[PDB]
**Student:** 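Structure uploaded - abiraterone bound to Cyp17a1 protein.
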Amino acid sequence: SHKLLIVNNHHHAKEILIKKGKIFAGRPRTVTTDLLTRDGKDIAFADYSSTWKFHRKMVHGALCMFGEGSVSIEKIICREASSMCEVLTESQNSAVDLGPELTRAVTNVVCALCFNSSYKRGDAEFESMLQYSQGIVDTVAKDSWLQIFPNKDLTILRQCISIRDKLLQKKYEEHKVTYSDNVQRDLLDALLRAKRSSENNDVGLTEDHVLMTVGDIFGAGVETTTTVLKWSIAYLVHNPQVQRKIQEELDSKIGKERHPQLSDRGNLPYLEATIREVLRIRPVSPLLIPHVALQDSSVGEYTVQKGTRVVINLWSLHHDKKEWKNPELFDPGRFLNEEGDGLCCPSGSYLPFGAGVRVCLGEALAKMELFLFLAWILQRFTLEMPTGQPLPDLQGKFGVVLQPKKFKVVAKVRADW
Ligand code: HEM
Ligand SMILES: C[C@]12CC[C@H](O)CC1=CC[C@@H]1[C@@H]2CC[C@]2(C)C(c3cccnc3)=CC[C@@H]12
């Protein structure tokens, strides 16, 4: 038996996430989340703590400084987009599912970021990892509620968890044998280094904490960013006028003798607006992760007892007709100033990455990927539907992230390229 509070109001939501971030920083325990995270030794389901804080810090620095030398995540993202556009080119004018090829690209980013590797098309590990994440995402479809069906199976959930565990366990053991105090190749070395240094001396740096942390970054990095691109492909296809505004922005502000760079960000607010609006309209986590009162508090008038679960309904925040004119329409211009000069936050109701204390750890990285990937593609391609075939159903099932139904697009090369 457990008590629960669903928040449809943004003022309240910011009283939880921010004003009283720490009081509502607890996470909930479920048989499934416990398998996933080893009883909460990861970050995303780890109660607020010096460990939680510390690992969250490791990941921010690892990302800052991966590295190396002079070589940033930017290079790797650009590399992965270049390969995408080469795929789109041979796979060209034909109808084609961008799903799997997009997923690998996003994966090589975070695979680089965590383990200093990449996957090749067809790779057997990568394949295995698509598969097992399938089962995992599918069976964390549980309020961790329209229950009732004989369940479950968490015989298969466990099956996947282990395949994952062996994947990580191999990368862990590999990194050790080649580990060098001078260099730090990735988030794993970063933590291995941390771990050794704890031997020289109550922040938890056991093997489980290391593995679970990297697991979180390897996991989110693929399932979240990838989904958002799939939504952008959908919405782009539905709105040729948005595609075209984006393209003519790229044409004037980057040109044609050159590819987009991250330095270009602040010269392309229409694209940034477009990204924001995808994140508004099909928010990738529509419930965020739940929050748990670590002590009795209040949420303006509502009192709230220690232990109660707390679920922001970001969907309903992002679609209140009171906060958003004509929600349910895709309009990047929500997020642009009166002229188009630059950006403009049209409401306090927008918290796609969350806010305050448990805010998305990958926010920074998600935004870089999303920008480069979409910019690189739209500069060279224009995305239509096949020959004579209805626009994509935008309905979308909710696993651990809210993701769309698959479809086939036609990337036509642009008259210049
Ligand atoms: C691409 C779009 C993404 C969105 C919209 C998003 C959104 C969010 C949201 C809503 C939360 C929960 C906020 C809360 O519970 O208060 C969160 C947590 C988290 N996100 Fe993301 N995220 C995204 C991508 C990523 C990526 C790419 C990573 C890669 C490392 C990542 C790592 C995390 C982690 C570790 C947490 C847990 C933070 C904590 O509970 O302490 N996210 N994100
Ligand atoms: C289950 C899954 C995705 C399937 C992988 O096989 C394992 C995995 C690890 C961490 C989870 C992730 C889904 C997204 C999660 C739940 C989350 C997240 C969710 C949405 C936005 N940002 C972060 C942070 C931890 C992430």
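All residue numbers refer to positions in the sequence shown, counting from 1. Whatever order the structure lists ligands and atoms in, that order sets their numbers, starting from 1. No hydrogens, no waters, no symmetry mates; every other heavy atom, side chains included, goes into these values.
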**Student:** Point out each ligand or chain corresponding to abiraterone.
**Tutor:**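 The drug sits at ligand 2.
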**Student:** Could you walk me through which residues contact abiraterone (ligand 2), taking a 4.0 Å heavy-atom cut-off?
**Tutor:**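 Heavy atoms within 4.0 Å: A44, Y132, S133, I136, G215, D216, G219, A220, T224, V400.
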**Student:** With abiraterone (ligand 2) as the reference, which other ligands or ions fall inside a cut-off of 4.0 Å?
**Tutor:** ligand 1 (protoporphyrin IX containing FE)
